[PDB]
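If you read the sequence from its start, that first residue is 1, and numbering goes on from there. Atoms considered below: every heavy atom in the structure, side chains included; atoms not considered: hydrogens, waters and symmetry mates. All ligand and atom numbering here is 1-based and tracks the order in the structure.
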Amino acid sequence: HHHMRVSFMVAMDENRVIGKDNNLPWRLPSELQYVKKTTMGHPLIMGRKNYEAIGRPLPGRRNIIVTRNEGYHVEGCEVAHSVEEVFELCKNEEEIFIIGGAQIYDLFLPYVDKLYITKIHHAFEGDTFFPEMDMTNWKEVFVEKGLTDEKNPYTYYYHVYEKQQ
Ligand SMILES: NC(=O)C1=CN([C@@H]2O[C@H](COP(=O)(O)OP(=O)(O)OC[C@H]3O[C@@H](n4cnc5c(N)ncnc54)[C@H](OP(=O)(O)O)[C@@H]3O)[C@@H](O)[C@H]2O)C=CC1
Ligand SMILES: COc1cc(Cc2cnc(N)nc2N)cc(OC)c1OC
């Protein structure tokens with residue numbers, strides 16, 4: 001029904017870990033820069049827990065926080081309380097990025113068209129995971145080696161998938 005492209009933006013390890021104790025288990029500033037470059041201009045949709053672990057809105061974008069809390073407000077961020085209310089807020093957007101966490105990924109899982117998954121070649125201790133997906137009708141269209149250096153001490157790859165339907 002909706003008219004915007006729904007895209008997932010995720011970074012996960014070898015066992016699909018995405019978080020430990022409300023934190024990225026890894027420090028990869030270059031990966032975060034890729035996320036900034038890829039999502040520039042477009043709304044960011046994130047769960048309340050994902051937002052609070054991030055701490056502040058991030059400029060040049062509509063930041064949309066998903067919560068059941070009817071009285072939740074954050075300076076310079078928009079609040080939505082359901083998938084449909086996000087779809088409302090984003091009705092004239094060309095593309096929106098679902099940036100986590102796990103519960104918010106589950107929430108939009110039936111709607112995802114495009115998949116930006118950074119795969120990190122390491123097995124981290126973690127408590128939150130990227131959900132399993134039926135990859136039937138999905139095609140990998142892009143893969144590139146991420147920057148490994150002193151500041152970014154792991155091997156990782158940018159993968160993109162498009163749903164064929
Ligand atoms: N590497 C990666 O790709 C990323 C990692 N992460 C990590 O994952 C963790 C966050 O994921 P997780 O803990 O699952 O939390 P979420 O980010 O999914 O936030 C959960 C919150 O979303 C709100 N919510 C959930 N379902 C609904 C619903 N159906 N309707 C309305 N609101 C809803 C609730 O907010 P409320 O309680 O206020 O009502 C809930 O507490 C963090 O540790 C973070 O570091 C997150 C994103 C990306
Ligand atoms: C917008 O940048 C951030 C993004 C994330 C989550 C995240 C990080 N990387 C990828 N590829 N996808 C995601 N959903 C987490 C962050 O910190 C906890 C960020 O800022 C510091």
What is the name in the PDB entry of the chain with the largest share of contacts to ligand 2? Dihydrofolate reductase
Which drug does the model show at ligand 2? trimethoprim
Quick one: look at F8 and trimethoprim, take heavy-atom pairs under 4.0 Å, and tell me if it's side chain, backbone, both or neither. neither
Would you say trimethoprim has an N or O under 3.5 Å from any N or O of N50? no
State the atoms of trimethoprim, each with its element, that fall below the 4.0 Å cut-off from a heavy-atom position in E31. 8 (C), 9 (N), 10 (C), 11 (N)
Using heavy-atom distances only, which candidate in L24, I18, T118 approaches atom 15 (C) of trimethoprim most closely? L24
For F97 and trimethoprim, answer yes if some heavy atom of the residue is under 4.0 Å from a ligand atom, otherwise no. no
Just which atoms of trimethoprim are under 4.0 Å from any heavy atom in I54? 16 (C), 17 (O), 18 (C)
What atoms in trimethoprim come closer than 4.0 Å to a heavy atom of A11? 9 (N), 10 (C), 11 (N), 12 (N)
I'd like to check which trimethoprim atoms, numbered from 1 as shown, lie under 4.0 Å from a non-hydrogen atom of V35. 9 (N), 10 (C), 11 (N)
Within-cut-off N or O pair, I99 and trimethoprim, under 3.5 Å: yes
Which residue owns the protein heavy atom closest to atom 21 (C) of trimethoprim, what's the atom, and how far is it? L32 CD1, 3.8 Å
For trimethoprim, which atoms, with element, lie under 4.0 Å from some heavy atom of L58? 1 (C)
Between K36 and trimethoprim, which residue portion shows a heavy-atom distance shorter than 4.0 Å: side chain, backbone, both, or neither? neither
Under 4.0 Å from trimethoprim, counting heavy atoms only, is it the side chain of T39, its backbone, both or neither? neither
Could you tell me, atom by atom, which parts of trimethoprim come under 4.0 Å of a heavy atom of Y105? 14 (N)
